[PDB]
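Quick look at a structure containing dihydrotestosterone.
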Amino acid sequence: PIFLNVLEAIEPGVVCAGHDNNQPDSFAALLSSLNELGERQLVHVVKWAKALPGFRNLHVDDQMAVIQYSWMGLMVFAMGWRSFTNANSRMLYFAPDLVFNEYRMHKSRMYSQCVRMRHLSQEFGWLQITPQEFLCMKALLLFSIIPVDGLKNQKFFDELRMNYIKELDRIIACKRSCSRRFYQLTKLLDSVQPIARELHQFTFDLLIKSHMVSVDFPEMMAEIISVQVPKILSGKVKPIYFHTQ
Ligand SMILES: C[C@]12CCC(=O)C[C@@H]1CC[C@@H]1[C@@H]2CC[C@]2(C)[C@@H](O)CC[C@@H]12
Ligand SMILES: [Li+]
């Protein structure tokens, strides 16, 4: 099982947010900390993606683009997973030093988004998702959002995505019905996209007004959110869904 060996080997470790838990919870502090966490995790997601089987088959411009479009969904999905394994989805485990209870969900003014994310975390429990399933699903999320007009070399992308789908199917097949399970997992993967879209909308709006509300955006975050995220929100870049929405 070369493929699973690899996904397991490359899986990023713990990333902390740098949040000061001594200071009262305020919108500005929580969101600055989440933004900082995003920047730190972005560094890990890039090194992760670059080490994925076949990823170097993509054109270099496409390597960068798939990361830039998919990071939100990937980070939300992994955060769901950590919340499940650490808090049993009772709280959102963004980082060891940044765990949201209901009060912080309220204070972050992202309560409805946090509800959807906690629901995804709950699905990990409800569907009894295995770590191997999680790892393959996560890899497939990197290949789940692309420009409507296609990438630089779409053929390389299509083939890579195909290979990852096949890998998910094998993992299900190697389990003690297959069809139900595949249906369940593709439905779960689809459910990440609407959550990612609401956070895309939220973060874009926040960047625009960030001076006003004293929320800090680090450099990579500000740039992707103003350059790449608007492509998604304007419909130039769209998620690939398994099932019809
Ligand atoms: C991806 C992050 C940070 C990484 C993580 O664990 C999930 C989480 C989901 C909400 C995001 C946050 C990064 C910063 C964002 C985008 C804020 O600007 C508003 C929503 C935040
Ligand atoms: Li705090």
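Along the sequence shown, residues carry numbers from 1. Worth knowing before you read on, the calculation uses all heavy atoms, side chains too, and leaves out hydrogens, waters and symmetry mates. Whatever order the structure lists them in is the order used to number ligands and atoms, beginning at 1. The deposited model was determined using X-ray crystallography, 1.7 Å.
- Taking every copy into account, the model assigns dihydrotestosterone to ligand 1.
- Here, the main chain in contact with dihydrotestosterone (ligand 1) is recorded in the PDB entry as Androgen receptor.
- At a distance under 4.0 Å, no protein heavy atom can be found next to atom 21 (C) of dihydrotestosterone (ligand 1).
- Among the 17beta-hydroxy-5alpha-androstan-3-one-binding residues UniProt records for chain A, the set within 4.0 Å of dihydrotestosterone (ligand 1) by heavy-atom distance is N35, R82, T203.
- The shortest contact between atom 16 (C) of dihydrotestosterone (ligand 1) and any protein heavy atom is with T203 OG1, 3.3 Å.
- The bulk of residues of chain A touching dihydrotestosterone (ligand 1) reside in UniProt domain NR LBD.
- Among all protein heavy atoms, the one lying closest to atom 12 (C) of dihydrotestosterone (ligand 1) is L34 O, 4.0 Å.
- Distance from atom 6 (O) of dihydrotestosterone (ligand 1) to its nearest protein heavy atom, with residue and atom name: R82 NH2, 2.9 Å.
- In terms of protein heavy-atom proximity, atom 7 (C) of dihydrotestosterone (ligand 1) is closest to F94 CD2, 3.8 Å.
- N35 OD1, 3.8 Å is the protein heavy atom nearest to atom 15 (C) of dihydrotestosterone (ligand 1).
- The site surrounding dihydrotestosterone (ligand 1), defined by heavy atoms under 4.0 Å, contains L31, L34, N35, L37, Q41, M72, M75, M79, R82, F94, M110, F202, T203, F217, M221.
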Write 'none' if nothing qualifies; otherwise put on separate lines each N/O atom of dihydrotestosterone (ligand 1) with a protein N/O atom under 3.5 Å away and their distance to 0.1 Å.
from	atom 1	to	atom 2	distance (Å)
dihydrotestosterone (ligand 1)	6 (O)	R82	NH2	2.9
dihydrotestosterone (ligand 1)	18 (O)	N35	OD1	2.7
dihydrotestosterone (ligand 1)	18 (O)	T203	OG1	2.7

